[PDB]
> 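This PDB file has fondaparinux in it.
Every chain is numbered from 1, with letters handed out A, B, ... down the list of sequences. Start at 1 and go down the list; that is how both ligands and their atoms are numbered. What you see below is based on every heavy atom in this structure, not just the backbone, and it leaves out hydrogens, waters and symmetry mates.
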Amino acid sequence: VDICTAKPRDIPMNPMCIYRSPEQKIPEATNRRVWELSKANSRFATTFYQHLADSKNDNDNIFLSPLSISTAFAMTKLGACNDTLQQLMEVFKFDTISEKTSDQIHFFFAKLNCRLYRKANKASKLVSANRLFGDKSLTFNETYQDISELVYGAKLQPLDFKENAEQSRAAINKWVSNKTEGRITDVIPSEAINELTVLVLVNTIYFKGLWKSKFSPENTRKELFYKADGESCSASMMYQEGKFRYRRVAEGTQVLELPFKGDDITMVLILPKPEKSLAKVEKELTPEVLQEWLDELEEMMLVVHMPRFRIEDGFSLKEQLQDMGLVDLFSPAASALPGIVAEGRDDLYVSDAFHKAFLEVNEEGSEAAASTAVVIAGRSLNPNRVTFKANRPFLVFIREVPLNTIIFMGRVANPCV
Amino acid sequence: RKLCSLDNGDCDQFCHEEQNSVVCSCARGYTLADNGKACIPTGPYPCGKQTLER
Amino acid sequence: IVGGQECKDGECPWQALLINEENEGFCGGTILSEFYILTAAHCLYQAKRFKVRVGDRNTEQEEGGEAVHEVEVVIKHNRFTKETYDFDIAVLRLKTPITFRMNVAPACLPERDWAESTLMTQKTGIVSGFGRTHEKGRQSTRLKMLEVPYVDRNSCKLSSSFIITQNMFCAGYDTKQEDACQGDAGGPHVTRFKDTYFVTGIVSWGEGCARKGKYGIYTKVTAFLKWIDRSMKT
Ligand SMILES: CO[C@H]1O[C@H](COS(=O)(=O)O)[C@@H](O[C@@H]2O[C@@H](C(=O)O)[C@@H](O[C@H]3O[C@H](COS(=O)(=O)O)[C@@H](O[C@@H]4O[C@H](C(=O)O)[C@@H](O[C@H]5O[C@H](COS(=O)(=O)O)[C@@H](O)[C@H](O)[C@H]5NS(=O)(=O)O)[C@H](O)[C@H]4O)[C@H](OS(=O)(=O)O)[C@H]3NS(=O)(=O)O)[C@H](O)[C@H]2OS(=O)(=O)O)[C@H](O)[C@H]1NS(=O)(=O)O
Ligand SMILES: *[C@@H]1O[C@H](CO)[C@@H](O)[C@H](O)[C@H]1NC(C)=O
Ligand SMILES: *[C@@H]1O[C@H](CO)[C@@H](O)[C@H](O)[C@H]1NC(C)=O
Ligand SMILES: [Ca+2]
């Protein structure tokens, strides 16, 4: 059975413990709920990025899929109860959504991903590898396992953590590999899983878009990059002029949208003013202001200086999330996951969540329409040229056009090397 | 081939022929010399002159 | 420009540069004198708010010596068309006169007849600007200049896909691949006689930039010295 064309309540629905909390028009072909479960992620994405930002060095590149990190903990929200769930509800902002959704949610999140899966791969490539992991001994629910299969993709994979732990760890990794066909690997580090690691969250993504309008390699050359630590750098700097959508907000930060093939997936970049420190932008980042950056965009003839870069991120989500209010989900002494087991003695929790994202960005892209123009080629330039030479600290965003989902979030700090 | 045809009438700039005979003139900012076949500037930075101060 | 080189201090003082409110060049000029600038017509067509910067040889780094003047009066040749690129020229009167200095001085304007017989017959001239450097490459940071053999009118025509007005003229190397390119329009094309340079044509159009058997098209100044100084009297 395929979820991308199979409404809920067409499969065992309405699970155990369902949480309850004490004019904007819907786009073209779209389900009111998806667009909902979607905007929720958006709400969640900014907060999270922020925290995860302090966890690292202003000089380390950043990358990730809020939507993944989001959808995963949705497979937990699925089988959670009491004071534990509430949290998972208010930290992933799933408390805004309506009744139904806030229940079958785990399903929609799927129905969402699919949509975002096609358009993406249709012209470009998006690989994902994510599963939930638990020890043998524990006898996991039969149902959840059924749900988890036809919703998150696969069931839960029991491993011998207690037995030969590491033997199991490095067994997960390999799995990621045989799925992301190489690209992502070592999702989980060393000294992450020991003889207590009962349950771990694992979501990982790879993405390499395709420019709607390529970049000539022949116009790529080593130039300088002015790091935030003050330092200098030499990276591969690409370059091309064309009409793109763009906006210089009042503040002055610069918003550039570069579409991938088909204009279904664009990757806007946020390049602040040199006066401004990419951090302040990050310190002051809100969902409300993510809006301003896009809400008003104009198509202009702007020259784009963008670097060629790669970014592979691996990190424990637990550290962060915790600080954000999710506590119980990770404390054995006080959990509430009677949905995936309900038998032990309050013996089920999450030891860690491993998110591994990887982004590629070379000149590549294409449509190659044709030499569709054979007229007098005036030798003057566009009087209204505007330039975007992102040869310094800039944010990254990868979204869906109609739905406006923030697929990928990220930051380019150190390109060169 | 005759007047201005031959070595541009030994002038320094423009060549003509008022009264079946060679005549010279100069671009604005210049002043023909008393010898009549050479253009002597009128100021410091005159047209066509690559700025060279050293 | 495509090929050529880089005007060393004071080799192309007349080069001017039109720039926008966001500050960006996009059309060469030709200092005709302390007030009037000589540029292309198509340059201002879809333009909007600009200014002329003089004697600046580097855009990535401003270091004085460079001056920014404002435009008091724009005058496009009333008979210009983006459909024939004929009459692609225009004169610019600034609001506050230029102050000549190194890297900054005019270029002389020939006298019709003499011109057509002494500069136009000459073998080469020098176009310059901050254009690209391949049909669709990068903009130049610095001010390149390049020499260009005049081309046989009757030949120009056989190579041209588009007609060639007697207002135009060709300049390119039969096989060498160097030329003027986008960002260069409106720039100077000066021809030397003795120790003086005269402006001869304006950087207009062309098919691509340095294509096989394709030539550089320049507005024949020598055929406007009239409409010019006429304009030079508003
Ligand atoms: C307490 O009240 C709350 O719960 C009750 C009961 O919930 S329960 O079912 O869990 O018990 C809710 O009532 C129930 O929900 C109804 C509902 O969702 O409207 C209804 O759901 C069924 O019927 C829906 C309407 O169908 S339709 O024929 O009128 O279209 C259907 O919703 C439609 O889904 C499709 C879809 O998902 O494909 C939507 O298509 C739209 O998007 C598609 C692309 O999606 S994508 O993901 O973005 O890619 C496009 O291809 C398509 O073009 C586009 N339509 S378009 O016009 O824009 O082009 C379509 O818009 C939706 O209307 C339900 O599918 S579902 O996926 O949305 O769930 C379907 N589910 S089903 O039950 O399995 O069949 C239930 O019948 C109804 O039960 S009830 O007993 O009758 O009440 C109640 O709404 C809820 N109140 S609330 O929570 O506060 O809001
Ligand atoms: C969990 O759920 C209910 C609240 O609905 C609570 O009364 C109960 O004590 C909690 N703990 C359990 C599972 O006994
Ligand atoms: C992935 O694993 C399967 C089953 O173990 C194996 O058949 C396949 O060869 C692996 N991937 C490849 C193509 O190497
Ligand atoms: Ca400069």
> Report all copies of fondaparinux by ligand number or chain letter.
ligand 1
> Name the main binding partner of fondaparinux here according to UniProt.
Antithrombin-III
> Help me out: which other chains have any heavy atom nearer than 4.0 Å to fondaparinux?
A
> Help me out: which other ligands and ions are under 4.0 Å from fondaparinux?
none
> Using 4.0 Å as the heavy-atom cut-off, which UniProt heparin-binding residues of chain A are near fondaparinux?
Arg115(A)
> What would you say the binding site of fondaparinux is, if we count heavy atoms under 4.0 Å?
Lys7(A), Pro8(A), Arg9(A), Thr30(A), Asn31(A), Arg32(A), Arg33(A), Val34(A), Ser98(A), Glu99(A), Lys100(A), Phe108(A), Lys111(A), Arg115(A)
